[PDB]
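Section: structure with darunavir.
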There are 2 protein chains.
Amino acid sequence: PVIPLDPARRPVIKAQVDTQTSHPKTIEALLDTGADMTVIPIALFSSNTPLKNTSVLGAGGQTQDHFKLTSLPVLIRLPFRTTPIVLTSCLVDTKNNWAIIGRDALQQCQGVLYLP
Amino acid sequence: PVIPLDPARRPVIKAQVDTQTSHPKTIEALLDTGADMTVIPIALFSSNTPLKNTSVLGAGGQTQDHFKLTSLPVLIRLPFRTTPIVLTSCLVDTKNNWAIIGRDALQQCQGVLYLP
Ligand SMILES: CC(C)CN(C[C@@H](O)[C@H](Cc1ccccc1)NC(=O)O[C@H]1CO[C@H]2OCC[C@H]21)S(=O)(=O)c1ccc(N)cc1
């Protein structure tokens, strides 16, 4: 669909995320064209699964141990599309449990920005 | 126009920004649906103009004295428009030198996200 943009309403969407370590869960993610890579909360994972250290830039700088990478791909189903998005890897937020859909996922839906 | 979304290429636009404290400058800005409010580099303002303190969200927490707020409105002109976007207030980046067009400005352009 078409999602209007409003400073006062964040463009969010309900997504089913399968990390391949639990059963798939539904979360509400921000649609973010300024994010290179998708971010999902660690609350989706079982406490045993391994992750990798990583780096990423942010508004107050870049962090060291805040965000981790998944070892296995992550599958994402959106309400409209029937087939899942498959990300080779994406970021895991261990602190704030942010959920953000980035340009890696938006390219696989062939998403676009449109400015009239 | 249509701006395709690609994890490897940041979606940027060229925008003329008028702080009303110096002469207008054309800069390169990121188009960011995940930003509530537009961010402007402090380099576009006068060394004498007054700014106000405030808070912001961002990857890795929130920062106190990294961003300030403008005291005067900011005007923004796009390539395909001569009528200026008018932001009654927007954020100022005192360090990192980010230029981000957020949803406050995208609303006045009538910009939308489209997911097929
Ligand atoms: C310069 C960008 C790379 C900033 N990012 C995306 C941006 O949309 C974030 C995404 C975001 C959104 C809400 C809370 C935290 C992060 N929001 C943001 O920093 O904007 C702030 C300035 O205007 C304010 O209005 C709300 C956002 C504020 S980011 O969060 O740091 C980021 C960077 C890289 C990845 N892979 C994932 C996320």
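The sequence lines are lettered as chains in the order written, beginning with A. The numbering of chain A matches the PDB entry: 1-116, in order. Residues displayed in chain B correspond, in order, to the PDB entry positions 1-116. All ligand and atom numbering here is 1-based and tracks the order in the structure. All heavy atoms count here, side chains included; hydrogens, waters and symmetry mates do not.
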Per the PDB entry, what macromolecule holds darunavir (ligand 1) with the most contacts in this model?
HTLV-1 Protease
At a 4.0 Å heavy-atom threshold, what other chains are in contact with darunavir (ligand 1)?
A, B
task = Give, by chain and number, every residue with a heavy atom within 4.0 Å of darunavir (ligand 1).
result = A:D32, A:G34, A:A35, A:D36, A:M37, A:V56, A:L57, A:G58, A:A59, A:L91, A:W98, B:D32, B:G34, B:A35, B:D36, B:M37, B:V56, B:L57, B:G58, B:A59, B:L91, B:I100
Just distances here: any N/O of B:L91 and N/O of darunavir (ligand 1) closer than 3.5 Å? no
| Against heavy atoms of A:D32, which atoms of darunavir (ligand 1) measure under 4.0 Å? | 6 (C), 7 (C), 8 (O), 9 (C), 10 (C)
Q: Show which atoms of darunavir (ligand 1) fall inside a sub-4.0 Å distance from at least one heavy-atom site of A:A35.
A: 37 (C), 38 (C)
### Query
What about A:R10: any of its N or O atoms under 3.5 Å from an N or O on darunavir (ligand 1)?
no
Could you list which atoms of darunavir (ligand 1) come closer than 4.0 Å to a heavy atom of B:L57? 14 (C), 15 (C), 19 (O), 21 (C), 28 (C)
Inset, instruction - Please could you name the atoms of darunavir (ligand 1) that B:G34 approaches to less than 4.0 Å, counting only its heavy atoms? - result: 8 (O), 10 (C), 12 (C), 17 (N), 27 (C)
So for darunavir (ligand 1), is B:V56 a polar contact partner (N or O within less than 3.5 Å, distance only)? no
Can an N or O of B:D36 be found at a distance shorter than 3.5 Å from an N or O of darunavir (ligand 1)? yes
